[PDB]
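Okay, structure first, notes after.
Within every chain, numbering begins at 1; the chains are lettered A, B, ... in the order of the sequence lines, protein sequences first and strands thereafter. Both counts, for ligands and for their atoms, begin at 1 and track the order of listing. According to its header, this structure was worked out by X-ray crystallography, 1.4 Å. FYI, side chains are in, hydrogens and waters are out, and symmetry mates aren't considered; it's all heavy atoms of this structure.
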Number of protein chains: 2
Amino acid sequence: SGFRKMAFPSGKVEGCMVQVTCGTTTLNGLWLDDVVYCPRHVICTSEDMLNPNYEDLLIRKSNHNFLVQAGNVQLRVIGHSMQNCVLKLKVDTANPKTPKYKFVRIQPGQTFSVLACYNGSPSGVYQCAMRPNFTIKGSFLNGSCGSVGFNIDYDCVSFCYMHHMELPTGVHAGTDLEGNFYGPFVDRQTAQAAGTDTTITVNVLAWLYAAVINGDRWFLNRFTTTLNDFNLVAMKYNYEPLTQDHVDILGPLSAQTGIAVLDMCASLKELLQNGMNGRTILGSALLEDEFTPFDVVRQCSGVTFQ
Amino acid sequence: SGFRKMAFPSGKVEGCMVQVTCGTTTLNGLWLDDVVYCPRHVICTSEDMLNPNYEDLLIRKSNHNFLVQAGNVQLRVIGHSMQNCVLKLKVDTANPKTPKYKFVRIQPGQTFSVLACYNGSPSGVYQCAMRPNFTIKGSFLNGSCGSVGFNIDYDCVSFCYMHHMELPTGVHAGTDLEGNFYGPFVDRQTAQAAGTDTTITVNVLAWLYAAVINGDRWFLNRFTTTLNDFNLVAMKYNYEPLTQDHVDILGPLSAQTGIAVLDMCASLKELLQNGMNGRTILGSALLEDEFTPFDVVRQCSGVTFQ
Ligand SMILES: *[C@](O)(C(N)=O)[C@H](CC1CCC1)NC(=O)[C@@H]1[C@@H]2[C@H](CN1C(=O)[C@@H](NC(=O)NC(C)(C)C)C(C)(C)C)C2(C)C
Ligand SMILES: *[C@](O)(C(N)=O)[C@H](CC1CCC1)NC(=O)[C@@H]1[C@@H]2[C@H](CN1C(=O)[C@@H](NC(=O)NC(C)(C)C)C(C)(C)C)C2(C)C
């Protein structure tokens, strides 16, 4: 038993990380087949960041200005192109460690693993949720740009995030692997706002299920609610509305525990209205929303990866 | 910026995980050079677990009764021996993915990464602290025995933990890689108690430093304390005593923030006596003790690994 926030094993992604240098800027790239993907602001000086014309800046660069290094070994750059907010560098060698992969656009409320890298060298791995306001709460210092997010389905790596920037209070923003930002952000050092965020209700319920599965059940009560009644409570507490689609997704956890989703909702309602009264659930004194239903099913059933 | 509980990249350890089967029991093994290490209770039936004589049980087994599989490929077992609570299976092939490694005995209050595996297949990675009572709070289902804990110093993997058993409330126990249990535990399904645990004070202070470094500073106050005065407070709250050795270890974080350790102690004292008043620190509503000083320095300075 036990329930922990868990990342995917990172080995398949470690084999794809490279260092990309353009002039004075060193950040990370992702090497898959004969292409290296990295944030396009690798081409910028500090002053360019304030108001960049990326088309004009990239015109000043040639293949030989992009220094790509895979471990100690230099890659030869034979082409370059900009796709949205990423740069793609064509190299003369296919990465012999290329895993089976896809590029996916993750939905708000879903999770992924981040392999934080510096100078093309993997530092550590952690899980993130894509917040409803299209930000993540990660750990990214200067040098981490180009670090990626991913999920692993058996042997296939689905890349979903590349790190670009930070917003006030350690809030992080980035792109899919086609260079499209999640959310309203642009890659310019100028005032920008993230939306109001909201709590991912289906994820809170999944985590309460995880708690019951792990024997932490003090918060279960004699009550029930309706979808409508729960949703009036969700709206007062800045929780996203619960839908029948979410009830259906919670089915495996309802079946494992025998606790109907609307009875677990009545527990959640009492925890929102009354607080935790100094008690903890799965070692937390707050209601946790960064575990998806799949995350709880996968962990509380033991799925693995080749 | 940002501060997250982060595991080491797991690729070097993924390349060492195998499946070990003896009769009806399948669990994980660790393949380094031409040896596979696994928990010795792989040899037990369910009934044997209740009161095993491991010497007598192992005598009934030959090399060809240990089925070792590395991916889809079978290893040949050419010798077996028991060392404390592990079995060592000599195989006829050195693991070609063997990293630079050491076996270390971790101290209480230190952290390590766990690569949770099932059937020899890596499932996920998370960080654990060795509690002062020589247990860990992990996520281990049936099939996870033999999963290991480790740290990475640049390119060298220091293995420190192998998973064996669970105690009430999802508390986990296991051995070093010489098969010596951490704590008082024995590998028998009979009543056993873990000691009273205590909170790792130096780790709480490191995490308050992490909070200040990340701009979360509402809990800083106009007060100071002494080592003696703080320690009377630590004892009332089941915190380990703070020593000058711990003050010295916190030096890099004191220097980064300009906040003397005894001034941060005065903040900790007020948080213990008054609680958090419904506020959070680095996204937590509890005081966190599973980050070492090195963990905070490494993350809040960006150290990486080859
Ligand atoms: C990466 O490029 C990298 N080299 O690692 C970097 C990570 C940050 C963490 C400190 C350096 N990303 C940026 O520097 C990024 C690039 C400029 C400025 N960036 C920011 O993240 C800035 N944020 C920002 O201006 N926020 C708003 C837009 C005002 C809310 C920093 C002030 C953190 C540097 C661009 C192109 C956005
Ligand atoms: C592993 O062997 C494995 N196959 O994965 C297993 C992990 C646990 C998680 C459920 C199965 N470890 C054990 O089964 C372990 C082996 C027997 C019994 N074990 C226990 O962990 C038991 N705990 C226990 O008896 N606790 C005390 C000692 C009474 C406090 C379980 C009841 C969880 C099975 C031995 C040799 C200790």
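The drug seen at ligand 1 is recorded under the name boceprevir (bound form). The chain with the most heavy-atom contacts to boceprevir (bound form, ligand 1) in this structure is named in UniProt as 3C-like proteinase nsp5. Other chains near boceprevir (bound form, ligand 1) (heavy atoms under 4.0 Å), by letter: A. The residue A:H163 has no part lying near boceprevir (bound form, ligand 1), judged by heavy-atom distances below 4.0 Å.
The UniProt active-site residue of chain A nearest to boceprevir (bound form, ligand 1) (heavy atoms, to 1 Å) is A:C145, 2 Å. Nearest protein heavy-atom contact of atom 28 (C) of boceprevir (bound form, ligand 1) is A:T190 O, 3.2 Å. Counting residues of chain A in contact with boceprevir (bound form, ligand 1), the top UniProt domain is Peptidase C30.
Not a single heavy atom of A:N28 sits under 4.0 Å from any atom of boceprevir (bound form, ligand 1).
Taking each of A:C145, B:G302, A:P168, B:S1 in turn, the one with a heavy atom nearest to atom 6 (C) of boceprevir (bound form, ligand 1) proves to be A:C145. Only the side chain of A:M49 comes within contact range of boceprevir (bound form, ligand 1), with a heavy atom under 4.0 Å; no backbone atom does.
According to the entry, the covalent attachment of boceprevir (bound form, ligand 1) involves A:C145 SG. Look at A:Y118 and you'll find every heavy atom at least 4.0 Å from all atoms of boceprevir (bound form, ligand 1). In the candidate list A:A194, A:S147, A:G143, A:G143 is nearest to atom 5 (O) of boceprevir (bound form, ligand 1), counting heavy atoms. Applying a heavy-atom cut-off of 4.0 Å to boceprevir (bound form, ligand 1) picks out A:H41, A:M49, A:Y54, A:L141, A:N142, A:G143, A:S144, A:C145, A:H164, A:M165, A:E166, A:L167, A:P168, A:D187, A:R188, A:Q189, A:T190, A:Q192.
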